[PDB]
Colleague: 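The structure's right below; bear with me while I get my questions together.
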Amino acid sequence: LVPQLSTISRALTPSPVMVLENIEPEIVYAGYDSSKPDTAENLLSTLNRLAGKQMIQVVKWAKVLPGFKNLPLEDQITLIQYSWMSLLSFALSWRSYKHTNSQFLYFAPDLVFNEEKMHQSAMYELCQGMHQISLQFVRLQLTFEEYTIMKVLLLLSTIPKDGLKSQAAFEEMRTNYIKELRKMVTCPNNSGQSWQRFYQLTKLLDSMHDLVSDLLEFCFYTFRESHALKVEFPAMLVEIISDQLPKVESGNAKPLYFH
Amino acid sequence: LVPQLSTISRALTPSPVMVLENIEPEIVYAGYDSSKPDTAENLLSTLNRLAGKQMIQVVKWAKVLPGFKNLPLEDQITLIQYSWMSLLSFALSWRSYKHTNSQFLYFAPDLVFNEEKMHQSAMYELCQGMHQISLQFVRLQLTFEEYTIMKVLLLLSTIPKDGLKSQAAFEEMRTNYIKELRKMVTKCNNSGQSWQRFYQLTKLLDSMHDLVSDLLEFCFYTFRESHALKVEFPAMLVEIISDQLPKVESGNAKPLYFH
Ligand SMILES: CC(=O)S[C@@H]1CC2=CC(=O)CC[C@]2(C)[C@H]2CC[C@@]3(C)[C@@H](CC[C@@]34CCC(=O)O4)[C@H]12
Ligand SMILES: CC(=O)S[C@@H]1CC2=CC(=O)CC[C@]2(C)[C@H]2CC[C@@]3(C)[C@@H](CC[C@@]34CCC(=O)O4)[C@H]12
């Protein structure tokens, strides 16, 4: 009988972490036009346009993310919709860390926020919050490997209060990626140092919930008063926020914590 | 030829957790005499006598603890000497939890401390500290299985600053028992709840270091002034403290933390 299991294939397939590196989206440009006054209406509209372009790349990434296709299609869609802000804000801190040593907020190569832009955007306190996350990346010396696994965990960090179509399939993928992170933090065996770091990384993931809650509060507010505020949103964000706003505001979004 | 492998033996061998249950020491009596006044000198001397009897059982337990025999003998002796206070204080909170719902400190069947004895012992604050751990066992609904594994982790929680004869053998055993706790807190699937409990238990373990440091400070103090204070110590404790006092006080005891 022909062996159905292929030792060669299992040994040859890239590790999950290696696949994450391979499928990570290339950098996206904001299309920022410096001729426009740096007022909140203009800066915020630009950030919304950038967000739409980033999400187009996020969905392509999710399509080839190992294990994600094992979840019901409706759950894949649900998870992207509930995690979008966490994913984009986390990636913003990563780009800021890698490209500016966490000195500025690197939204895109053509849109880098310094203190002035943060004030002008009318969301200064929120910019400071994401900047703080960037500063923690330097203190922790976060690695790309760690970052990629953590971004998947954020995709799996908020679920509908009633649950997904397949909680078991979700739980399997989540436990698998948590395992990857645990192995990632372990040569020189030192359980103590390994657990201390694992703890630092899960505390940071947990801290994303409060930050994301505040970012969404601002997002939903500007969306609701888009006309009065003159803040424009691209189709992709109208699609996402139109779905998310009522679900989050009615208390249906359940955060998953490590601590 | 005669098969050297025994399928039967493999199948019948109990799990490590079952072995921990099987080797748990039987309860020890203090030999408390209520006819004598409850002065600090009498109460502390009785607790020291109890401690000696308890350590005799701890050494018998360590001899049959799975994996411990794999470490160099020098390291087995060292770990027992560095962890004695953590093991005895943790076991005290366990008995208090199981026998009095954490209302009192159950040192032994014949010596249960209520607030009055805590004051009379002249170590009131320290008693409150161990009492708080007892109270945490109720809040967390600690199980006997969780307790036996955590007790082994405490045995492996303090090492010489220099280092053990075999850090690799030590690390292997510590990792194996951490793995046991990890699997023990798994539910039937819910990583969120499973990690939250693992976090609660490791934070509890970490909290034992500060409590133990304070208990040891009091112990070393009473030990060096035993004559003036009229506090007696049995041979077993004179042996343990004579070894530990200078090592701990010179900064050679390195606590291992999860957080
Ligand atoms: C300073 C920021 O842009 S923070 C945050 C994360 C982020 C990082 C990127 O790299 C890409 C762009 C995004 C997704 C922002 C898009 C604009 C968001 C949704 C903002 C939080 C609140 C705001 C302001 C306008 C509005 O209506 O809602 C998003
Ligand atoms: C209230 C306590 O006894 S707390 C602590 C843990 C403990 C729990 C037991 O179940 C058995 C007995 C032990 C090991 C105590 C023995 C007495 C100790 C070492 C005390 C902390 C300080 C003191 C007072 C006298 C002295 O010289 O040092 C030990």
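Chains are named by letter, beginning with A, in the same order as the sequence lines. Note that chain A carries the PDB entry numbering, so the residues on display, from first to last, are 723-908, 910-982. To match the PDB entry, the residue numbers of chain B are left as they are there, and the shown ones run 723-910, 912-982. Start at 1 and go down the list; that is how both ligands and their atoms are numbered.
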Colleague: List the chief contact partner of ligand 2 in this entry, with the name from the PDB entry.
Modeller: Mineralocorticoid receptor
Colleague: Quick one: do you know the drug at ligand 2?
Modeller: spironolactone
Colleague: What are the letters of the other chains with a heavy atom below 4.0 Å from spironolactone (ligand 2)?
Modeller: B
Colleague: Most residues of chain B in contact with spironolactone (ligand 2) fall within which UniProt domain?
Modeller: NR LBD
Colleague: Tell me whether B:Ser811 has any N or O atom under 3.5 angstrom from an N or O of spironolactone (ligand 2).
Modeller: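 Among all N and O atoms of B:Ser811, none is under 3.5 Å from an N or O of spironolactone (ligand 2).
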Colleague: Where's the contact between B:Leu769 and spironolactone (ligand 2), heavy-atom distance under 4.0 Å: side chain, backbone, both or neither?
Modeller: both
Colleague: Which aldosterone-binding residues annotated in UniProt for chain B have heavy atoms under 4.0 Å from spironolactone (ligand 2)?
Modeller: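 In chain B, UniProt ones with a heavy atom near spironolactone (ligand 2): B:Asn770, B:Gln776, B:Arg817, B:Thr945.
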Colleague: Considering the heavy atoms of B:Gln776, write down every atom of spironolactone (ligand 2) situated less than 4.0 Å from one of them.
Modeller: 9 (C), 10 (O), 11 (C)
Colleague: Report, in ascending order of atom number, the atoms of spironolactone (ligand 2) lying under 4.0 Å from any heavy atom of B:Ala773.
Modeller: 12 (C), 14 (C)
Colleague: Have a look at spironolactone (ligand 2) and work out which part of B:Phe956, if any, has a heavy atom under 4.0 Å from it: side chain, backbone, both or neither.
Modeller: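 The part of B:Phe956 near spironolactone (ligand 2) is the side chain, not the backbone.
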Colleague: Would you tell me which option among B:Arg817, B:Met852, B:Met777 has the nearest heavy-atom contact to atom 4 (S) of spironolactone (ligand 2)?
Modeller: B:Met852
Colleague: Looking at the entry, what source organism goes with chain B?
Modeller: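 The entry lists the source of chain B as Homo sapiens.
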Colleague: I'd like to check which spironolactone (ligand 2) atoms, numbered from 1 as shown, lie under 4.0 Å from a non-hydrogen atom of B:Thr945.
Modeller: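 Near B:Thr945, the atoms of spironolactone (ligand 2) are 27 (O).
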Colleague: Which atoms of spironolactone (ligand 2) have any heavy atom of B:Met807 under 4.0 Å away?
Modeller: 5 (C), 19 (C), 29 (C)
Colleague: Could a heavy atom of B:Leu848 be found less than 4.0 Å from some atom of spironolactone (ligand 2)?
Modeller: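 In this structure, B:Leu848 fails to qualify as a contact of spironolactone (ligand 2) - no heavy atom is under 4.0 Å.
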Colleague: With the threshold set at under 4.0 angstrom, would you say B:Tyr944 reaches spironolactone (ligand 2) through any of its heavy atoms?
Modeller: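 Under 4.0 Å: no for B:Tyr944.
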Colleague: Any non-hydrogen atom of B:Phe941 lying under 4.0 Å from spironolactone (ligand 2)?
Modeller: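 Contact check B:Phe941 vs spironolactone (ligand 2): positive.
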Colleague: Which atoms of spironolactone (ligand 2) have any heavy atom of B:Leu766 under 4.0 Å away?
Modeller: 24 (C), 25 (C)
Colleague: Any chance you can tell me which UniProt progesterone binders of chain B have a heavy atom closer than 4.0 Å to spironolactone (ligand 2)?
Modeller: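 Of the UniProt binders, a heavy atom is that close in B:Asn770, B:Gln776, B:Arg817, B:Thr945.
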Colleague: Provide the number and element of each atom of spironolactone (ligand 2) under 4.0 Å from a heavy atom of B:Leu810.
Modeller: 8 (C), 14 (C)
Colleague: I need the residues around spironolactone (ligand 2) for a figure - heavy-atom cut-off 4.0 Å, please.
Modeller: B:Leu766, B:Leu769, B:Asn770, B:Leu772, B:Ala773, B:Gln776, B:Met807, B:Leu810, B:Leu814, B:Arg817, B:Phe829, B:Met845, B:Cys849, B:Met852, B:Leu938, B:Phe941, B:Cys942, B:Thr945, B:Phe956
